[PDB]
Every structure is written in C-alpha cells, then in structure tokens.
Q: 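Model contains itraconazole. Questions to follow.
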Amino acid sequence: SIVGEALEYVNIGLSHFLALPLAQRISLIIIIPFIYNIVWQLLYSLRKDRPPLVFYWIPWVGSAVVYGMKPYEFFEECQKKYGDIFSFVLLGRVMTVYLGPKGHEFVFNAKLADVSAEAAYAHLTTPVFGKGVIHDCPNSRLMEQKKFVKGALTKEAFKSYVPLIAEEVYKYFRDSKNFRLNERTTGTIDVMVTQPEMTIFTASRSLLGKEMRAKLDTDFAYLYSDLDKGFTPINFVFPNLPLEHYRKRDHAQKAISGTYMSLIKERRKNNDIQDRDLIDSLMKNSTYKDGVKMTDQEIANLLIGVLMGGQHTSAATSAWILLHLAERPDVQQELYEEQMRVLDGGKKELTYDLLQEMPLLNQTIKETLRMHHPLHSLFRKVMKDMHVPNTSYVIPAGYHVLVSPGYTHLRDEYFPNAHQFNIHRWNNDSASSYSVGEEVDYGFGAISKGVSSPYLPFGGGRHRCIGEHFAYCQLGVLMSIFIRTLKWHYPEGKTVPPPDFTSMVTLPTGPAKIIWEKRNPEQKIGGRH
Ligand SMILES: CC[C@@H](C)n1ncn(-c2ccc(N3CCN(c4ccc(OC[C@H]5CO[C@](Cn6cncn6)(c6ccc(Cl)cc6Cl)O5)cc4)CC3)cc2)c1=O
Ligand code: HEM
C-alpha cells in the first residue's frame with residue numbers, strides 16, 4: 001500500500017529531466033509553454049464569469065499581429081462569433097473589448113476608482129513629453145491641466161487665431177517647395193508630407209506664438225522631427241532602450257522644453273505677459289487648487305504634449321479630407337459655392353464667426369472624422385474587479401478594457417452606408433459634437449454626462465478631448481483656403497489609400513499623392529520671401 005515509491009520516481013524524473021540533451025531541453029522550454037498555453041485557454045473557456053477569449057497559438061504575443069494590422073476587421077470577426085464583449089491577449093496583456101454604444105458607456109463613464117488611463121498610457125507619452133504632466137501625474141492633476149489649457153482655448157482666442165492660421169497657410173503656399181503658387185499653377189504633392197508641415201506651422205504660430213514659430217525656420221525644426229520620431233506604439237513595450245532613436249528623442253525633449261522655458265523665464269523677467277498665446281495663458285493660470293504651482297519645466301512639458309497630440313490627430317485628418325475630396329469634384333464644387341456665398345465672392349476676410357456660417361465645410365470635417373477616427377483603440381487598465389451589467393461577466397483587476405468608437409463609426413446599423421463618404425448625412429447637424437442632454441464637470445468644464453452616442457470622435461467622460469474646437473478652427477481655416485485657392489484630383493488610377501493602423505494615428509498609407517492646380521493661375525500671394 002505504498003505511494004512512497006511514486007514520490008521517489010517524481011524526484012528521479014525531475015533529475016532525469018535536468019540531464020536531457022540540450023537539444024531536447026530547448027525543445028521542452030518551447031513545447032511545454034506552448035502546450036500549457038492551449039490547455040489553459042480551453043480551461044479558461046469554461047468560466048462563465050469571463051467574456052470569451054479569442055484563441056491564439058503563440059504565447060504572450062497573442063492576437064497582436066492581426067489586431068495591429070486590421071483592428072476593425074479583427075473586431076468584426078470577433079463580434080460575429082462572440083457578440084460585443086470578448087477578450088484577447090496582446091503582447092503580455094489581456095484586452096477586454098466592449099463594442100458599440102454600451103461599450104462607450106462601460107469604459108468612458110467608468111468610475112475613477114475602477115479604471116486608470118494613466119496606468120495604460122504613461123509609458124506611451126511620458127518619454128516624449130517629459131515628467132509631471134498628462135499621464136505622468138495623478139488624475140486630479142490631469143483634470144486641472146486640461147482646465148488650464150482649455151482656458152487658452154476660448155471663442156475670443158479663436159477669433160485672433162484665425163487670421164494667424166490663415167497667414168501661415170498662405171505663406172506655406174507661397175514658400176513651400178510643394179507649392180510655390182507664385183511660380184507654379186499646377187503640381188503634385190504627397191499629403192503626408194504637406195499636412196504634417198502645415199499643421200505644425202499653424203499650431204505653433206497660434207498656440208506657441210511667433211517666437212516659437214520663428215524657430216521653425218531654423219535647424220531647430222530638426223529637433224521637432226527627432227521628438228516626433230519618439231512618438232510611436234513601440235513605446236508601449238520598449239519605452240526606453242539604449243539606442244540612437246531614443247537618444248535623439250530625449251535630447252530633443254530637453255532641447256525643446258529648454259527653448260520654451262527660456263521664453264517663459266524671459267517673459268516673466270520683462271513682465272511681458274499678455275494674452276497672445278497658450279504660453280502667456282499658462283504663465284498666468286497654472287496654480288493647482290491645493291496651492292502648488294506648475295514648474296516652468298512642467299509648463300513646457302505640457303506645451304509639448306498639447307502640441308504633439310494636436311499635431312498627429314489634426315495632420316492625419318486634413319490628409320484624409322484632401323484624399324476624400326480628390327475623388328469628389330462635386331463636393332469641392334459645393335464647398336466652393338458656400339465659400340463664395342459666405343465670404344462675398346472673397347471680398348470678405350475669413351473670421352472665426354464666418355467659419356460658423358459654413359456648415360458644409362464643418363460637415364466635411366465631421367464626416368472625415370467619422371470615417372477616419374485617428375485613434376482606433378482607447379485603453380484603460382482595470383484597477384478593481386468590474387461587473388459587466390446584464391451579464392455574468394466580471395473583468396478582474398489587471399485586465400485592460402478597450403473601447404473603439406471608430407469601429408462604431410463604420411457600422412451600417414448606426415450610419416447607413418457607412419463605407420460611403422457623405423457630408424450630407426450631417427445636414428442640419430454640423431456641430432463638432434454636442435451633449436444630447438444632461439452635463440457634468442470633472443474639473444475642466446461641463447461636458448456630456450451620457451457617452452452613448454454612436455459618434456464619439458473626441459471620446460467622452462473624464463478623459464474627453466479638450467482640443468475639438470481648436471482642431472475645427474485649424475482644419476476650417478486650412479480647408480477654407482485650399483478650396484478657395486485650388487482644385488485637386490488623383491493621378492490616373494489612384495484612389496483613397498487604406499489607413500495605417502500600426503502608427504499612433506490612423507494616418508493614410510503613403511505615398512498618397514494628389515495633383516493640385518490653381519483656380520486662379522494669375523493670383524499672386526504677397527509678402528517678402
Ligand atoms: C508587433 C506586431 C505588429 C503587427 N503590431 N502588433 C500590434 N500592433 C499595434 C497595436 C496597437 C497599436 N496602437 C495604435 C496607437 N494607439 C493609441 C495611440 C495613442 C493614444 O492616445 C490616447 C491618449 C494619449 O495620447 C493622446 C492622443 N491624443 C488625443 N488627442 C490628441 N492627441 C493625448 C492626450 C493628451 C495630450 Cl496633451 C497628448 C496626447 Cl498625445 O490621447 C491611444 C491609443 C494604441 C493602439 C499600434 C500597433 C502592431 O503594430
Ligand atoms: C482631430 C483632432 C482630435 C481628435 C479626433 C482627438 C481625439 C481625442 C480622444 C478620442 C481623446 C480621448 C482619449 C481617451 O479617452 O483615451 C482625446 C483626449 C485628449 N485630447 Fe484630443 N483629439 C484631437 C485633437 C486634439 C487637440 C488639437 C488637442 C489640444 C489642443 C487635444 C488634446 C487632448 C487632451 C488634453 C486630452 C485629454 C486626455 C486625458 O484626459 O486623459 N486633442 N482626444
């Protein structure tokens with residue numbers, strides 16, 4: 001009646017194991033985690049208190065490759081097999097996806113104690129922006145930082161930004177190799193080259209001021225390029241690794257934040273603090289509610305973050321607008337007529353107020369943001385176990401929740417013929433967004449309380465975007481001028497490119513070229529160059 005001899009043969013087996021040929025021991029260190037992985041998923045599939053988990057062959061990697069290459073195609077397959085809630089493994093992490101408007105509610109209105117955005121995002125952005133701001137600080141600091149920035153983003157600021165943004169667009173048509181409208185009447189451009197330059201020029205001039213704008217004409221512009229490089233999904237797994245890419249980024253962040261602090265300390269020294277730009281504004285208005293002031297280093301890091309966020313979402317969006325309009329001369333024609341009616345055939349300077357009298361222009365932005373949400377996946381790390389309403393599912397702490405309003409933007413159920421670009425689906429509804437009812441303030445102004453809208457380009461809840469009006473202002477001036485100045489179309493046989501879902505924003509797969517030509521070949525842009 002001896003089990004003792006079994007326990008001996010366990011120990012013997014462990015010892016015979018350790019003495020295997022190194023060819024078999026490498027094999028086992030591969031085959032036994034592979035076998036265990038399959039065994040674990042099958043067992044996992046039994047738990048009725050967990051959403052279904054998408055099956056995967058490679059441990060740790062998970063569904064990373066198919067999710068990254070074509071996330072909306074991934075989501076649609078999963079939705080057919082499992083419905084709206086399902087999980088998948090992604091480079092070590094378990095992501096729980098909740099598709100559709102209830103998904104929006106579940107994640108964007110999640111209680112602050114249940115989930116954390118900074119725990120999800122901190123590695124992605126802190127290396128790039130610097131310490132102390134955005135996701136490298138507690139939520140209540142973030143709430144107030146959004147309040148400070150929003151304070152420079154008022155109707156009266158937009159009124160003064162508009163002629164500044166217009167000036168930069170015109171100087172870019174005049175001076176850029178891509179255009180030179182005083183010398184050339186037609187030409188070819190890559191919109192992934194032109195739009196990121198146009199966006200940084202206009203955002204700099206209006207948010208940072210003319211000094212910082214002036215510096216973009218120098219070799220300082222190269223540091224922006226270097227810091228721009230460090231803004232990549234790979235920071236999610238490799239935020240820091242001793243290589244040259246990471247070294248230029250860190251240098252750039254120091255060099256750029258140094259330049260902003262130089263200006264800040266310069267302005268405080270001369271008492272030269274007005275209401276020109278966002279720098280003036282944060283100098284006057286960056287004291288937290290427990291009395292602590294933001295440092296000059298933190299103020300500068302915040303400027304980098306604001307500028308970098310606006311840079312990528314807006315540049316991609318104007319690239320998409322150009323690309324969709326290039327095959328739709330009917331829409332270009334209709335926008336041109338609205339410009340002629342609102343601006344008296346051009347005998348009226350563009351103002352922020354007149355921009356609000358251009359519904360078709362704003363509907364074009366709205367519709368581009370529907371087809372091309374710059375951020376396909378928004379994340380939160382789960383901090384406490386969460387019950388999913390009307391289900392038996394519990395999402396345990398340590399999981400991530402993923403919400404994807406850009407996926408819902410492309411469903412026929414909520415947008416008839418969702419794959420078709422149509423600015424007229426927004427007729428009599430051209431506002432960037434609006435709360436369908438009740439509102440709430442998390443620290444940075446009253447916003448919509450419900451987040452169930454199928455259309456959520458700026459998200460919702462406490463992490464809701466605050467740059468929506470600035471983006472529309474910027475994109476509006478830009479497109480108003482393109483339309484009044486140029487017609488454009490595709491090279492023969494070219495059409496809208498598919499999105500690049502592996503970058504930070506869903507920008508077009510390039511080279512994405514359009515051919516432009518002047519509406520008025522003899523028109524000249526004045527000023528010195
Ligand atoms: C390894 C194999 C390969 C095939 N693969 N396998 C998987 N993937 C992959 C997966 C996921 C993703 N991403 C794309 C980027 N994405 C993402 C990027 C930025 C982001 O930002 C959310 C927060 C933080 O940044 C901002 C962005 N922003 C918002 N408005 C303007 N910018 C932000 C907020 C505030 C401020 Cl001040 C700045 C910034 Cl940047 O909001 C959220 C998600 C996550 C998924 C990419 C590739 C791959 O490429
Ligand atoms: C087309 C332009 C833009 C789009 C579509 C967009 C979209 C978004 C979205 C979806 C979020 C929420 C992210 C999340 O919930 O995880 C967000 C957050 C945010 N965005 Fe934007 N954005 C745009 C432009 C801008 C601009 C121009 C600025 C700055 C002026 C800006 C600043 C911010 C800030 C400060 C947050 C808050 C992040 C947080 O609270 O955690 N965005 N944006």
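Residue numbers start at 1 and run along the sequence shown. Atoms considered below: every heavy atom in the structure, side chains included; atoms not considered: hydrogens, waters and symmetry mates. All ligand and atom numbering here is 1-based and tracks the order in the structure.
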Q: Map itraconazole onto the structure by ligand number or chain letter.
A: ligand 1
Q: Mind checking which chain itraconazole touches most? I'd like its name from the PDB entry.
A: Lanosterol 14-alpha demethylase
Q: Taking 4.0 angstrom as the limit and counting only heavy atoms of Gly305, give me the atoms of itraconazole inside it, by number and element.
A: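 By the 4.0 Å cutoff, the relevant atoms are 36 (C), 37 (Cl), 38 (C).
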Q: Less than 4.0 Å between atom 26 (C) of itraconazole and some protein heavy atom, yes or no?
A: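 So atom 26 (C) of itraconazole lacks protein heavy-atom neighbours under 4.0 Å.
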Q: Could any protein non-hydrogen atom be found less than 4.0 Å from atom 33 (C) of itraconazole?
A: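 So far as the 4.0 Å threshold goes, atom 33 (C) of itraconazole is out of reach of every protein heavy atom.
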Q: Could any protein non-hydrogen atom be found less than 4.0 Å from atom 38 (C) of itraconazole?
A: yes
Q: Would you tell me which option among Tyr67, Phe458, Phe379, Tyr121 has the nearest heavy-atom contact to atom 42 (C) of itraconazole?
A: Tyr121
Q: Report the source organism for chain A from the entry.
A: Saccharomyces cerevisiae (strain YJM789)
Q: Against heavy atoms of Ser503, which atoms of itraconazole measure under 4.0 Å?
A: 14 (C), 15 (C)
Q: Show the atoms of itraconazole that are less than 4.0 angstrom away from any heavy atom in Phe231.
A: 40 (Cl)
Q: Judged by non-hydrogen atoms, does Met504 sit under 4.0 Å from itraconazole?
A: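 It does, in that a heavy atom of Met504 comes within the 4.0 Å cut-off of itraconazole.
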Q: Are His312 and itraconazole in contact, using a heavy-atom cut-off of under 4.0 Å?
A: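 No; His312 lies far enough from itraconazole that no heavy-atom distance drops under 4.0 Å.
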Q: Show which atoms of itraconazole fall inside a sub-4.0 Å distance from at least one heavy-atom site of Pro233.
A: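 By the 4.0 Å cutoff, the relevant atoms are 46 (C).
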Q: Of the listed options (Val149, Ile304, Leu375, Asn235), which comes nearest to atom 29 (C) of itraconazole when hydrogens are ignored and any heavy atom counts?
A: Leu375
Q: Any nitrogen or oxygen of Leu91, main chain or side chain, under 3.5 Å from a nitrogen or oxygen of itraconazole?
A: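 No - when backbone and side-chain N and O of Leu91 are compared with those of itraconazole, no distance drops under 3.5 Å.
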Q: For atom 19 (C) of itraconazole, which of the options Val237, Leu124, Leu90, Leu303 provides the nearest non-hydrogen atom?
A: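 Among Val237, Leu124, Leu90, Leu303, the closest heavy atom to atom 19 (C) of itraconazole belongs to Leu124.
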Q: Kindly indicate whether atom 44 (C) of itraconazole is approached by any protein heavy atom to under 4.0 angstrom.
A: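 Looking at atom 44 (C) of itraconazole, one finds that a protein heavy atom does lie closer than 4.0 Å.
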Q: Suppose I only count heavy atoms of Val306 and a 4.0 Å limit; which atoms of itraconazole are within that range?
A: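 Atoms satisfying the 4.0 Å criterion: 37 (Cl).
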Q: Tell me whether itraconazole is touched by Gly467 - counting only heavy atoms on the residue side and a distance under 4.0 Å.
A: no
Q: Identify the binding-site residues of itraconazole using a heavy-atom cut-off of 4.0 Å.
A: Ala64, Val65, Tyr67, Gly68, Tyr121, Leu124, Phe129, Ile134, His135, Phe231, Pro233, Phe236, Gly305, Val306, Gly309, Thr313, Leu375, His376, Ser377, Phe379, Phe501, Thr502, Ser503, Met504
